[PDB]
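Chains are lettered A, B, ... in the order of the sequence lines. Chain A uses the PDB entry numbers throughout; the residues present, in order, are 1-99. Residues displayed in chain B correspond, in order, to the PDB entry positions 1-99. Scope of the values below: all heavy atoms of this structure, side chains included, with no hydrogens, waters or symmetry mates. Both counts, for ligands and for their atoms, begin at 1 and track the order of listing.
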Protein chains: 2
Amino acid sequence: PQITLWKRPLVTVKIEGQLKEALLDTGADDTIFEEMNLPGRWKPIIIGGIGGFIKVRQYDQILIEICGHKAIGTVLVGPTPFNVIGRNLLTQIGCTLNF
Amino acid sequence: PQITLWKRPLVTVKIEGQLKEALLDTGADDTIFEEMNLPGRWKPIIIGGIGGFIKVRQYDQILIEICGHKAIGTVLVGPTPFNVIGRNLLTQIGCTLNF
Ligand SMILES: CC(C)CN(C[C@@H](O)[C@H](Cc1ccccc1)NC(=O)O[C@H]1CO[C@H]2OCC[C@H]21)S(=O)(=O)c1ccc(N)cc1
């Protein structure tokens, strides 16, 4: 799908059987979600952005189906204001910017 | 141009005679640059990111020339870690996400 940027690029994702909306965020290197249960071993890390840094849990090789496209990669869990799909997963669905 | 997301989507920008690289950021509603001077009056505002908020100066009707495409709109100036071109200006160059 082609997506214009007049509104936030929020898509519906299926992750761990749960339905969530997330931002397709080209300014995010990695994917991060609100608090939720995910499988496998995790490690506490600390990501930062505009204004400061948060503590999250890094889960590896997590599956997400993003607007009907499947991707596997690292998903971080923690107090993010929005779920964001970052470049680590955007690449896997072959997402590009065009102008 | 078509831009893949394996690397950060940086582009060279010309703004008020200055050359800068800025992140094509589809998760940013607004455009913000590190400290610089700009024409016109400005109003202080607060913006919030993943882990906190920052005090920035808001400028309106600022000319930005992004990768050879021109746009005019709001530009915020504050202690951002990376210059980001938000949707308020991505929309003006006809930028779209495609996958
Ligand atoms: C620090 C920057 C490189 C921006 N980042 C991605 C960006 O899309 C965020 C993602 C984002 C989205 C909503 C809320 C917080 C963060 N948006 C953002 O900070 O924009 C703010 C300035 O313009 C305004 O527009 C909305 C928020 C304001 S980030 O969220 O901090 C980030 C950094 C690393 C990872 N792995 C994931 C996300």
Worksheet item: Which named drug shows up at ligand 1?
Response: darunavir
Worksheet entry | Chief contact partner of darunavir - name in the PDB entry | Protease NL4-3
Worksheet item: Which chain letters have at least one heavy atom nearer than 4.0 Å to any atom of darunavir?
Response: A, B
Worksheet item: In the protein, which heavy atom is nearest to atom 31 (O) of darunavir, and how far is it?
Response: A/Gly49 CA, 3.1 Å
Discussion item. I need the nearest protein heavy-atom contact for atom 17 (N) of darunavir: residue, atom name and distance, please.
Written reply: B/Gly27 O, 3.3 Å
Worksheet item: Within the structure, does A/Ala28 bring an N/O atom to less than 3.5 angstrom of an N/O atom in darunavir?
Response: no
Discussion item. How far is atom 25 (O) of darunavir from the closest protein heavy atom, and which atom is that?
Written reply: B/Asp29 N, 2.8 Å
Worksheet item: For darunavir, which atoms have a heavy atom of B/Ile50 less than 4.0 angstrom away?
Response: 15 (C), 16 (C), 29 (S), 30 (O), 31 (O)
Worksheet entry | Deposit source organism, chain B | Human immunodeficiency virus 1
Discussion item. Heavy-atom distances under 4.0 Å decide this one: backbone, side chain, both or neither, for A/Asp25 against darunavir?
Written reply: side chain
Discussion item. Looking only at protein heavy atoms, which one is nearest to atom 33 (C) of darunavir, and what is the separation?
Written reply: A/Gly48 O, 3.4 Å
Item to complete: Around atom 36 (N) of darunavir, find the nearest protein heavy atom and jot down its residue, atom name and distance.
Response: A/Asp30 OD2, 2.8 Å
Discussion item. Please list the nearest protein heavy atom to atom 13 (C) of darunavir with its residue and the distance rounded to 0.1 Å.
Written reply: A/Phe82 CD1, 3.9 Å
Worksheet item: Which heavy atom of the protein is the closest neighbour of atom 22 (C) of darunavir, given with residue, atom name and distance?
Response: B/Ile47 CD1, 3.6 Å
Discussion item. Looking only at protein heavy atoms, which one is nearest to atom 15 (C) of darunavir, and what is the separation?
Written reply: A/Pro81 CG, 3.3 Å
Worksheet entry | Polar contact flag for A/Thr31 and darunavir (N/O pairs, less than 3.5 Å) | no
Discussion item. Could you help me out with the residues around darunavir? Anything with a heavy atom closer than 4.0 Å counts.
Written reply: A/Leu23, A/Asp25, A/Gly27, A/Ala28, A/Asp30, A/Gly48, A/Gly49, A/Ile50, A/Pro81, A/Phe82, B/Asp25, B/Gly27, B/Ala28, B/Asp29, B/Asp30, B/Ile47, B/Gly48, B/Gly49, B/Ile50
